[PDB]
Amino acid sequence: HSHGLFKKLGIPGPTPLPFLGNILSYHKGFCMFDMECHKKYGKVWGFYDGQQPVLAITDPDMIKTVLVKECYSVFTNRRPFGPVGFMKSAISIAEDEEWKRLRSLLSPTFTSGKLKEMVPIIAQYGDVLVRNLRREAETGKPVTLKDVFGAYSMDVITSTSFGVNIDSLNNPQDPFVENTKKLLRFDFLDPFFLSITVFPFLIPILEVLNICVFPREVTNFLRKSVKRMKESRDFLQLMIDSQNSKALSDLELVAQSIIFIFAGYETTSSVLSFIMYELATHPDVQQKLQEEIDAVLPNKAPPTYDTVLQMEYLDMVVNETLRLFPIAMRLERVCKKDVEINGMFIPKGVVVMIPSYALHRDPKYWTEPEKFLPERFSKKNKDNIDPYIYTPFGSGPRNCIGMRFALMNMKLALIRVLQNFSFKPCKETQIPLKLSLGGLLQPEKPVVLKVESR
Ligand code: HEM
Ligand SMILES: Clc1ccccc1C(c1ccccc1)(c1ccccc1)n1ccnc1
């Protein structure tokens, strides 16, 4: 509404400009902005994404109330996105009862057991990753990990979310890979998304203008790939089985499968790149992990679902990387009605934000927060960690529904990569690594390392 909201409410924060709000402070990035507001304004602060008031919180008792306790009542949705079109039936886009329906219809799909049946599919794609990484190893040149890791995550998310085993997509150009690489190029963030927050009044203009985020041609191609696969009779196989049992629509099923591709693409690759950078800069950790990988899996044994859940240091290396690098950076909930959370009034429409990046590097909960130290997640130090400060996958009923799949997908990759390759930085390697100023938290310069046969 007005810019005097947090002023009248007595909530500290940066002074906004008349129409821009606090967007000019974003030239440093979402992460550096949140940490600056944390050190300056203390626990709770407020800013304006143009005209939208945003209230940031830090108290874990208050974060739990927003994410867990009062989720279904008030903080059920996130800030409405831009021109969604038919993707309104996406679980990340859906709101209120429509989302609660889609969340339940897809909840049995991401279960331990249903994920256990997908591991033989994901592991087979780790083999293609090992062969393609050894290819750039023979050239004796520093490997750009974004290519190999970006290919693996794309190959896994496509076969799991569409059944089609596209196998090597580093070079082959299946009509699926053609439309997939085209559709996965429709999310450059900066186009519209940033300016949408300044002018949310332009969102309804673009929706009626028939201009959508994903080109309908690729969408039409994705529909045939579902119908032709449906005409033949693993994410699509589990949602089709849900159809044969408020039911689940066929158009809705397409939108949900598209979300899984966007969700698990740059996220899985970035983390896999963030991890290998830390394994290279801290080779004492990489060696200790390879010893555990070879102990649980001798002679480059295949990674089993149960063995991955037994490798403990692998779990510690992934968790410590996700602390230093929360890909989402923030969690956001829209206040649906005037409420008082743990002794603070939040009016209707205000977006409540949790600076995950700032909390993951807050010196109160962490010691030497900037140094990569996997032992923070040891068995002796696993209990004193607040699950509402460390939220790389969010929390509450609206958390990352693809968390178990993502961690398994990435751990299966690291096994076959570490049990066959060693990683050391080159001259082009960025020390210290710089973070991207975009909206996904990526390595500023792509991770450039060297690989060995071992
Ligand atoms: C390791 C990589 C990943 C990270 C760090 C991650 C992190 C997150 C976070 C922080 C959220 C928001 C939680 C909240 O709002 O409280 C989220 C939401 C979501 N993630 Fe992920 N995610 C990852 C991979 C995936 C994958 C592979 C999938 C698909 C299987 C996926 C599907 C989703 C969906 C559908 C939502 C929205 C849930 C809803 O709106 O109800 N994510 N993710
Ligand atoms: Cl789930 C999703 C779908 C499409 C695009 C982005 C996301 C999302 C994300 C990830 C990193 C940076 C911004 C958004 C996302 C996060 C929070 C709320 C909505 C979407 N995501 C992908 C995997 N897990 C979460």
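All residue numbers given for chain A refer to the PDB entry; the residues shown span 28-260, 270-281, 288-496 in order. The deposited model was determined using X-ray crystallography, 2.9 Å. Whatever order the structure lists ligands and atoms in, that order sets their numbers, starting from 1. Atoms considered below: every heavy atom in the structure, side chains included; atoms not considered: hydrogens, waters and symmetry mates.
- The molecule at ligand 2 is the drug named clotrimazole.
- The largest share of close contacts with clotrimazole comes from the chain named in UniProt as Cytochrome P450 3A4.
- Binding site of clotrimazole at 4.0 Å, heavy atoms: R105, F304, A305, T309, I369.
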